[PDB]
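Section: structure with octreotide.
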Amino acid sequence: XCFXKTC
Amino acid sequence: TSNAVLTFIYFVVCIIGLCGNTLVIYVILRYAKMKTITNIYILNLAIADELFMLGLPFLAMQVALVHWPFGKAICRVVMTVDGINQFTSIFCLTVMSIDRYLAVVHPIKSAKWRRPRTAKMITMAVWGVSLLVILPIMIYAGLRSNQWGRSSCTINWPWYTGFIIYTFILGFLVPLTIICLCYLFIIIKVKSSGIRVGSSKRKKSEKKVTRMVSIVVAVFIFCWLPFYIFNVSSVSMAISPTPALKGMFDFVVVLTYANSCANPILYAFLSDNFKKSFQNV
Amino acid sequence: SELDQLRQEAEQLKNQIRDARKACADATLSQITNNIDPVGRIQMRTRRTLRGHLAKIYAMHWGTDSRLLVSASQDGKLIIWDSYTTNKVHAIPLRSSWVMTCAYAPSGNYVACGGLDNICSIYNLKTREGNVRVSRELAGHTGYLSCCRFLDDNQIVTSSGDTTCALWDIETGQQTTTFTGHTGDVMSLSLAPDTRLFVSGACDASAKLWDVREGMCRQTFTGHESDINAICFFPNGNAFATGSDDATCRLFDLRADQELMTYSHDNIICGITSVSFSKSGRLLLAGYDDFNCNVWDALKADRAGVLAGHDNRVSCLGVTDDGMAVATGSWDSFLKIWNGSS
Amino acid sequence: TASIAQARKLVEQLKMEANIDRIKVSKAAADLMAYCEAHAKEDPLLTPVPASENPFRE
Amino acid sequence: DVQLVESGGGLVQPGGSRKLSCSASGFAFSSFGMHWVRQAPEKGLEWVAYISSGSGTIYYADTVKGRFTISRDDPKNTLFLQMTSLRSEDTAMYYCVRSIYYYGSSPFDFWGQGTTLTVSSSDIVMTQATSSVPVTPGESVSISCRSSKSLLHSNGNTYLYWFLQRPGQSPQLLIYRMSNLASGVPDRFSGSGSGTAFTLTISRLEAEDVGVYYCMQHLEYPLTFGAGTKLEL
Amino acid sequence: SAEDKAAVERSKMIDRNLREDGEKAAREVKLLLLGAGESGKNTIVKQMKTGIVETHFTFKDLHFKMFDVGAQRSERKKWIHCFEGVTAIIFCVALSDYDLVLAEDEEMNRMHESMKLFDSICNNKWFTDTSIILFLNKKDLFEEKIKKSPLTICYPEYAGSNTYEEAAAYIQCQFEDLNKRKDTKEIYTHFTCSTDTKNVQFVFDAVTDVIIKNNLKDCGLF
């Protein structure tokens, strides 16, 4: 899915 | 409309986060207090919060038409400076609260440690810890192109779940558990002095401007908490991709970039000198 | 019986000289100075910036080579600067940190300082060993001490806030003269270029000319409405400027016994903490206390310049022997060394 | 007799300043005007120094 | 007043090592830059080392660089020099010289009394072509020496340092920076010149102005003496 | 050059010695000691041990400088800016001068020669934020005086009650009524006792409370 600062 | 206006939200953060914050670098360098202890501790938080919003328009140019506009070595270094301008802007919130702790709770035993030579050595040392906690981004600054093609900027997985909880300890919980202690022990020793031992009727102060000490965590948790919740919800319980969640999760990134739009207001307006130095200039 | 005996006699005394001063007062100075040019925009840049004092700066004095300068600050350090390369030659530590004045000997061997400790210590710079040490402490004043000025290596005139100025012999260490005509606190001194006379200003709003060998008060000038804060001599030796807490400078001529030109503007009603003249005697430099120095022109009475680089108020300023510089110390711990640029 | 001792101290002193020959001001203050004409060129804050031989170059 | 008495040595074999110490007294030792200057038997002066005020800067001579080391001790007021693997070229009398540098100071004024050390068995040179002048007192004598570089620096001053070593004595500073007279010297001595050629002009000789008249430079390191102009009477 | 590089070496040996005496001089408490004459100022300096008589009395990990300007028979408007940056101002008033007029010009009973002073000191522009310690010096000397005569000679507008502990509600509040700028400075108050601590421990812990409210104003919060 989404991870860090984005998806 | 979900990607149009919310990308334009980034640009209003990009100015006041980088122009209302850059005047703090002006009033410290020129109209100085340049080597007191409270103005080099507030200078890194003016330096780290300045160029953090400069790493925002690259990510703002991502989320409009979502893809990486470069997808190259230079996109691998934008995510390498937004870990160094974001994990030392919230360690420099933590050293200022230990600075105000030693300035107020231990007013006599401070200046043997609180001297403006070694507060230029705490300034430089706090960037050194910041590089040792982001090298899992500097190594794996890779490429991925899963959702509807259009390759983006991210961290490429090899230790996948452990990244967010690594940034949850040193990014959110430890800078909050040190601020909320060092700003709580102030509120007891303002009442334990002015209302207990060497005292007068002026003990209103422990009830009125303790609003300003609790404003700072209300900003620090309205800006940085849901972004850490939206990743720990992302990791354990997988959900379906949603255009609204592509608009929700990309609207909680800019919430964290608002914390560095308050830290110039919250720290360099209420100060002694900068209340007059900005009034002078 | 005898109280109005010499009181009514005293009304004969001043009235014999009040209108007699007006008798030789044929025309205004601002009417016969229309003939000459104005000076022009005096834009001066802080070339060097001597930083290193850590409190307010209460006096500075230029050496006689126009290169060294001593500055006395309120944290109790006397510091000798190489004003060319902005570096410290000596940093003299003081026994009492309440310095209100300092001075450079015209031979360069000696520096003196005094203040609220009622003594004017002198310090031997060029000695056999490495350090600056104190030669004589000149005790004998009972007020605070506001100006030390060296005549030569062995005579130094000091004014004080017991309404007395004195002459000294540093070799013996005691007053050879005392100059008692002032009723209020004496704040300033200015030795003559020929070093035979001096003028000193007081908190009685009157300033007086003295003779160093005679010992009597040679002249007396009124004209101000509050305390006189600073006197320097003109490069003639025949004139002086009094900067007062009435926000005004005024210019007296000793042979004309009365004032000539008054330097004020309506927008400034704060005091005047220090005065110095320039090599022509064309620029009156005066360090005010709305935090900036004003460079008055002595013949036209206009603000010819402003030196606005100072945070707090300008407490001292001195111009060199050849006219090459002007330092201004101030209460924010810097000396801005100015110079005009082509 | 203390206030009369200062009084003849005050009376005879101003008569020692009453004998001062004073010159009229357009004769006297013009000699302050005539001073600068021999020292106008030699004052560096007044007239611009040649910047090379100027010791204060930044 | 001032006294710089040094010691240590007298016979050390080649391949050996000997430590020198210069004990200072009577002056503010931690304000002064120290030197060592050696002098071979029947030969001239030549510079050895340096420590600036507060141990900041240390220069050496290229003949001894790495073999010698210099150390100062400001609470004890004692200057050291440790010398390793001694050559026969290291046979000289060693002098402890003080020096102070601020605006207007006279460096190299006080020299020590000296310590002999014998063993058993690019940069500017200063040229004094003259080696012997037999004269009578009462008349003017000009000593002159030449430089490779123009000693006039851009700040304004010209670093040549005249000296005088009386027989059986220690050198002493006559004219520091080619023009100015030092402390204790009479007014009869004077120096002048411009750029590369200089002259030391005594106006009237005495019975104690007889000796060897050295010249040193101080424009850049190393500091180099020439052979002296011996005077006779 | 090469000799200039040893001038510059010597000059930043000076600079690192100014900035080691100037960090050990912002760590000491400076207190201007004032008073209206016979005010028991000698009594206070006796506990804590021609121009300035600078007294140092450092006792509890905290260096103390106290500057007695007692002999300066001159204008106070001309040297009072020397004490602008100062921590506190220890103002003394003897409480056993309440019916004691001055022989100068048949003046009022010396409390209008102290309220004359205190209103000038507390409302002075260099001491707008300089919090003023107050001392009431003669405590067990005017308990004998209050029986013989009340405090109606000094102020005839007082209530009454004729008690030693009443006079705080008369005299002490009458001084702190002259504190015009009440936002910035906080007048501390004490009754000068002959005990070892409680006249010098009070100046210690009520100058901690100036120090802490100086840091809190400097570190943004207050």
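Order of the sequence lines fixes the chain letters, A, B, ..., with proteins taken first and strands second; residue numbering starts at 1 for each chain. Non-standard residues appear as parent or X here, and we don't count contacts from their extra atoms. In what follows, every heavy atom counts, from backbone to side chain, and hydrogens, waters and symmetry copies are set aside. Going by what the header records, the deposited coordinates were determined by electron microscopy, 3.0 Å.
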Drug placement: octreotide = chain A
query = Looking at contacts alone, what is the main macromolecule next to octreotide (chain A), by its name in UniProt?
reply = Somatostatin receptor type 2
task = Report the chain letters of other chains having a non-hydrogen atom under 4.5 Å from octreotide (chain A).
result = B
query = If you number the transmembrane segments of chain B from the N terminus as UniProt does, which have a heavy atom under 4.5 Å from octreotide (chain A)?
reply = 2, 3, 5, 6, 7
message = Could you tell me what the entry names chain A?
response = Octreotide
